[PDB]
Amino acid sequence: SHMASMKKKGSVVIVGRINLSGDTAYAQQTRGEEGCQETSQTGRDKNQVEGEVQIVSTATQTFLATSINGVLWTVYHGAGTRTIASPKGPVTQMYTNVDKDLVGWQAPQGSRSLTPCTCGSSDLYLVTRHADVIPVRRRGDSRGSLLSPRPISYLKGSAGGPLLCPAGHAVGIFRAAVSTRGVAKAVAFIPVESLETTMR
Ligand SMILES: CC(C)(C)OC(=O)N[C@H]1CCCCC/C=C\[C@@H]2C[C@@]2(C(=O)NS(=O)(=O)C2CC2)NC(=O)[C@@H]2C[C@@H](OC(=O)n3cc4cccc(F)c4c3)CN2C1=O
Ligand SMILES: [Zn+2]
């Protein structure tokens, strides 16, 4: 092909967060669309990062990314092999596993990391991009059922978000919804143990 005109993929850009610091969970936007587009091109993001759950965007998709053990994790089906924007330019993935639908980068300065759960509890909570905290009963290694099913529309854009135990530890990263007639009855997630193995 004409090699001189081949384009490069933009970086993933942090565009907001899910604030879990207080008694009320809520989404905050930290960058609008024009800034996002420019930042994706340059890979240079000088915005302050805070919190555990980031809202992230590419040119075509928006989803979540969650810091656990000093790594910002998200789904491969959202990020592909993309770099993430940072104050000093694009940062290359430190983990990539298409078979797990998993990617990770070093956690941004200013972020806070969730602690991996060792409670062995099956009472979980899924945090969505709209800051809904959805009770989920763990049903296996990588699945849980919604206590209150809802349309898949409500979950779209939340891949990369956490499933948490009652004590607020990370149990997994949301990757897929299990649905019947458009209603999500269950969720599939990357268990935190699988993240911990990937880190080895
Ligand atoms: C796996 C099973 C049981 C057959 O189910 C499903 O395939 N179901 C569907 C239902 C889709 C309807 C919307 C559901 C709403 C929210 C879904 C959470 C979500 C999302 O919000 N993405 S996103 O908008 O943020 C997006 C911007 C990031 N993910 C998806 O859509 C994913 C993406 C795609 O799956 C994968 O490419 N892989 C690769 C995997 C490798 C290993 C293990 C896996 F499981 C893998 C899943 C299909 N997906 C589903 O969920
Ligand atoms: Zn726990």
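If you read the sequence from its start, that first residue is 1, and numbering goes on from there. In each ligand, atom 1 is the first atom listed, and ligand 1 is the first ligand listed. Keep in mind that the numbers below use all heavy atoms, side chains included, and drop hydrogens, waters and symmetry copies. Header lists the method as X-ray crystallography, 1.4 Å.
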Give the name, out of irinotecan, cadazolid, danoprevir, of the drug at ligand 1. danoprevir
Largest contact partner of danoprevir in terms of the PDB entry: Genome polyprotein
Okay, for chain A, which organism does the deposit list? Hepatitis C virus subtype 1a
Going by a strict under-4.0 Å cutoff (protein heavy atoms only), does atom 8 (N) of danoprevir have a neighbour on the protein? yes
Covalent partner of danoprevir (residue and atom): none
Checking contacts now, so for atom 1 (C) of danoprevir, which I'm interested in, is there any protein heavy atom under 4.0 Å? yes
Yes or no, since that's all I need: does a protein heavy atom fall within a distance strictly under 4.0 Å of atom 4 (C) of danoprevir? no
Going by the order shown, which atoms of danoprevir are within less than 4.0 Å of some heavy atom of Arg143? 3 (C)
Find all atoms of danoprevir within a distance of less than 4.0 Å from any non-hydrogen atom belonging to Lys156, and give their numbers and elements. 15 (C), 16 (C), 21 (O), 24 (O)
Numbered atoms of danoprevir (with element) below 4.0 Å of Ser158, judged on heavy atoms: 21 (O), 25 (O)
Any non-hydrogen protein atom below 4.0 Å of atom 34 (C) of danoprevir? no
For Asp99, counting its heavy atoms only, list the atoms of danoprevir lying under 4.0 Å from any of them. 41 (C), 42 (C)
